[PDB]
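Written below as structure tokens is the structure these notes are about.
Letters A, B, ... label the chains, following the sequence lines from first to last. So for chain A, numbering is the PDB entry's, and the shown residues are 1-219, in order. All chain B residue numbers match the PDB entry; in order, they span 1-220.
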Amino acid sequence: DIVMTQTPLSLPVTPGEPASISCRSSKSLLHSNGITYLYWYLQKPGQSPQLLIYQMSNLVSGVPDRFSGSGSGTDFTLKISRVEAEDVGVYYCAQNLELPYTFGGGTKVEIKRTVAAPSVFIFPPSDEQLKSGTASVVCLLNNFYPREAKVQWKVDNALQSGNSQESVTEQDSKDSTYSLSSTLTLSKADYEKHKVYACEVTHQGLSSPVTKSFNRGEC
Amino acid sequence: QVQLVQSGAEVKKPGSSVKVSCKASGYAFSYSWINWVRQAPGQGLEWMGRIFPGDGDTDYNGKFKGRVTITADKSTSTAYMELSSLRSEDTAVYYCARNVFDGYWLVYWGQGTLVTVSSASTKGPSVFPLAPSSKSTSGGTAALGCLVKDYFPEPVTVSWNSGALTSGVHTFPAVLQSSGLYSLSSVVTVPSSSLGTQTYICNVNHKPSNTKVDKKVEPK
């Protein structure tokens, strides 16, 4: 199967500047007809994929001429002379030269902005959930950039593992920041064994890790 | 005026089968290849197969090992995609796409059809307050939210003050866990100076279970 390999997996871009995505096929996508069967698809957030470039360098109707496709034997490239805020989404490359048809992993294009440190908040379990026998502790990393971030839970200064799950918002369209939630789940009984619950955050926008914590059963 | 309208979302028990409709219009239905493409949550695109309604000719991807059957009804310009022996990994969005001869591969796409595969049973969520607090410290500006936990299936919608509060709100993508159930939080930052003036309420709506709950998040 003609493997398609894209890079980079993620690609932040500053509006107004250039931008490029590379694709590579295991086999030669050139044919006797002369037509090279490489396709570029763009999937805008929350939408269905849309054909962007067909047969290597052909622009689909309606595609801004800022976009352009090129290639050489097995190395292909998508270029955006200058980037608009509307070009964000996952770009997939694909081949229809051979069955079965195949795609590349895709390249997620996002807006590159100035670093912003996360504002951190921690949330103890509500008393309602506690009577239900469970305790969820929530640490919130709000309006930050870039996305990469390490969030670790310390319970009585003991680092936790596998005990937590995180979920991350998609880039805000107003300020290009993200938000991450790290939920910690415990038994009501395992929760009443310890006092200090801490959320320690590492990020590019913080000189050093920022810790937010609370002592159980007291505010 | 080409358009591709697929059937609605689907929730199936593992080992079962699903049949997605693909209604096409605006062109000669019989003379364009209909392709099917799938996309697992947060993952790439996967070519499933293709049918030529004009002669019922079909091609499939080997990986699906016969679990896929593509059909087409000329009289209604509708193409069908049937998956067999469903497993959790089959949880994804399924697209139908139309070709246009002379290189225009996959030029038209449907709105997509979500198919979630699990053994979980429909259940409304529990709604817990993420109460605002701080007291001492610094950085004067409060955070509050709602823990919407243990529900099936997706999706759930959350608003604030019945839509009046949209600025600052962040509703995180649900995460599936060891139970068949989902879970998520909806948070919002407001002037900590306002906790004594503005009543904040999260409006959780879970259509699948006909569950609606408005929880007031007061300080403490």
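- Picking from VRC01, ARGX-117, GA101, the molecule at chains A and B is GA101.
- Entry name for chain A - GA101 Fab light chain.
- Lab note: entry names chain B as GA101 Fab heavy chain.
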